[PDB]
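Lab note: SEX hormone-binding globulin, norgestrel bound.
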There are 2 protein chains.
Amino acid sequence: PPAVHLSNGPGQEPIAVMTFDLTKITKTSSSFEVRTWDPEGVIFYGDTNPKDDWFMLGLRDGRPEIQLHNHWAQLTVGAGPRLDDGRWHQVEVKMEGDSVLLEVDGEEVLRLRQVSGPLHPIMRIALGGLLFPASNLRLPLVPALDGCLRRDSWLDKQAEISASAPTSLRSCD
Amino acid sequence: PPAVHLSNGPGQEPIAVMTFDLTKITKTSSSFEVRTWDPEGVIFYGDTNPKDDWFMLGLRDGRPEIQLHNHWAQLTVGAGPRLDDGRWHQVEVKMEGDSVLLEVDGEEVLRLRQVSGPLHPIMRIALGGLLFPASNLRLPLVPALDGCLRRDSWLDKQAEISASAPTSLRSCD
Ligand SMILES: C#C[C@]1(O)CC[C@H]2[C@@H]3CCC4=CC(=O)CC[C@@H]4[C@H]3CC[C@@]21CC
Ligand SMILES: C#C[C@]1(O)CC[C@H]2[C@@H]3CCC4=CC(=O)CC[C@@H]4[C@H]3CC[C@@]21CC
Ligand SMILES: [Ca+2]
Ligand SMILES: [Ca+2]
Ligand SMILES: [Zn+2]
Ligand SMILES: [Zn+2]
């Protein structure tokens with residue numbers, strides 16, 4: 001399948017942004033495969049509000065890191081094996097009741113419990129970058145992620161309202 | 001080496017409690033090996049205050065779970081492979097700067113960042129149970145853990161003020 005570059009040159013902005021109708025979402029999970037040699041960066045960001053209702057999955061020292069900030073929880077957590085070995089890795093992020101689960105290469109490596117209540121009309125998903133300055137993170141990192149993404153599925157496509165790209169998407173071909 | 005049972009009959013109380021002089025602790029880590037077929041229970045608990053400054057490492061659905069509550073963070077997180085396969089597993093919990101790291105069988109499986117500041121004169125460590133009712137946890141579980149512990153090392157022995165046992169310790173021999 002066709003893979004895309006996760007950063008556009010400088011890596012100061014997402015390669016793509018998707019907007020969703022929260023009330024229409026039935027599928028509360030996302031999946032994709034990523035390949036990279038970069039130990040730090042944003043794989044994807046999501047929010048309903050950039051100020052007080054956001055989430056980020058990235059890499060720090062080659063391993064998955066999740067930062068999350070909402071009414072119920074505020075945290076910075078690293079988990080799972082290193083993924084900056086240049087191999088393709090299957091990744092799934094799911095909402096299971098009030099928790100968020102992260103599975104890597106078929107194995108559950110992290111479950112953040114009691115982090116989300118009810119389900120805020122819209123949710124945004126940005127790939128390879130944030131929708132606010134890096135300095136705004138609970139724990140800053142340099143967002144640029146030099147890697148490839150493919151076979152990605154984001155939430156509920158039927159609930160997708162729109163998709164934007166700062167610049168044209170570059171293939172990892 | 002000699003291994004001890006992690007629960008005393010009912011499993012309604014810790015098999016042992018150790019108290020430490022916080023100001024004297026230089027070694028901020030603990031290590032041990034555990035073997036069990038039980039998917040749920042408390043491996044160990046720690047606090048400086050049972051009300052607002054506590055930590056718990058246990059098992060839920062066979063996997064490590066950490067609950068933590070203090071000035072800086074409040075969370076319930078599961079991570080790592082299942083450990084209820086009846087095999088001996090090396091476990092290490094360490095303080096690295098402002099974070100808490102959990103390593104299993106030599107691999108880092110979880111890093112809770114930004115969870116602890118400065119370093120509250122005393123710290124208590126209870127094995128196989130809590131120092132408050134289970135219902136008081138952020139997320140309740142049944143504390144009784146049917147398993148064995150051996151080669152355990154808790155914080156800084158030189159900082160240990162005292163050690164108590166509700167009842168006599170039972171060997172897994
Ligand atoms: C709504 C909401 C939120 O609270 C704010 C951003 C949301 C996350 C956005 C990214 C995401 C993509 C998925 O495929 C599964 C759930 C997660 C979401 C879980 C609920 C969150 C974070 C806990
Ligand atoms: C002091 C303090 C605390 O905040 C309250 C209980 C403490 C924990 C008690 C158990 C423990 C044992 C170790 O070998 C490493 C650090 C951890 C401690 C980290 C700091 C904590 C939790 C974050
Ligand atoms: Ca990078
Ligand atoms: Ca049990
Ligand atoms: Zn909100
Ligand atoms: Zn305190």
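Throughout, protein chains are lettered first and strands after them, A, B, ... in sequence-line order, and every chain is numbered starting at 1. Note: hydrogens, waters and symmetry copies are ignored here, and every other heavy atom, side chains too, is used. Whatever order the structure lists ligands and atoms in, that order sets their numbers, starting from 1.
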Enumerate the ligands or chains that make up norgestrel. ligands 1 and 2
Which chain letters have at least one heavy atom nearer than 4.0 Å to any atom of norgestrel (ligand 2)? B
With heavy atoms of B:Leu155 as the reference, note each atom of norgestrel (ligand 2) found under 4.0 Å away. 13 (C), 14 (O)
Between B:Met123 and norgestrel (ligand 2), which part of the residue brings a heavy atom under 4.0 Å of the ligand: side chain, backbone, both or neither? side chain
If you have a sec, work out which protein heavy atom is nearest atom 23 (C) of norgestrel (ligand 2) and how many Å separate them, to one decimal? B:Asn70 ND2, 3.4 Å
How does B:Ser30 reach norgestrel (ligand 2), by side chain, by backbone, by both or by neither, if only non-hydrogen atoms under 4.0 Å count? both
Report the member of B:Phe55, B:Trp154, B:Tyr45, B:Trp72 with the shortest heavy-atom distance to atom 22 (C) of norgestrel (ligand 2). B:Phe55
Find all atoms of norgestrel (ligand 2) within a distance of less than 4.0 Å from any non-hydrogen atom belonging to B:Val93, and give their numbers and elements. 13 (C), 14 (O), 15 (C)
Element-labelled atoms of norgestrel (ligand 2) that are located less than 4.0 Å from some non-hydrogen atom of B:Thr28: 15 (C)
List the closest protein heavy-atom neighbour of atom 11 (C) of norgestrel (ligand 2): residue, atom name, distance to the nearest 0.1 Å. B:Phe44 CE1, 4.4 Å
Specify which UniProt domain of chain B supplies the largest share of contacts to norgestrel (ligand 2). Laminin G-like 1
With heavy atoms only and a cut-off of under 4.0 Å, state how B:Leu22 meets norgestrel (ligand 2): side chain, backbone, both or neither. neither
Closer than 4.0 Å to some heavy atom of B:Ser29 - which atoms of norgestrel (ligand 2) meet that? 14 (O)
Return the closest protein heavy atom for atom 5 (C) of norgestrel (ligand 2) as residue, atom name and distance. B:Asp53 OD1, 3.1 Å
Within-cutoff protein neighbour (heavy atom, under 4.0 Å) for atom 16 (C) of norgestrel (ligand 2): yes
Looking only at protein heavy atoms, which one is nearest to atom 20 (C) of norgestrel (ligand 2), and how far off is it? B:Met95 CE, 4.2 Å
Can you produce the list of protein nitrogen or oxygen atoms under 3.5 Å from a nitrogen or oxygen of norgestrel (ligand 2), alongside each distance?
| residue | atom | partner | partner atom | Å |
| --- | --- | --- | --- | --- |
| norgestrel (ligand 2) | 4 (O) | B:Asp53 | OD1 | 3.1 |
| norgestrel (ligand 2) | 4 (O) | B:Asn70 | ND2 | 3.4 |
| norgestrel (ligand 2) | 14 (O) | B:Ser30 | N | 2.9 |
| norgestrel (ligand 2) | 14 (O) | B:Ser30 | OG | 2.6 |
| norgestrel (ligand 2) | 14 (O) | B:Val93 | O | 3.4 |

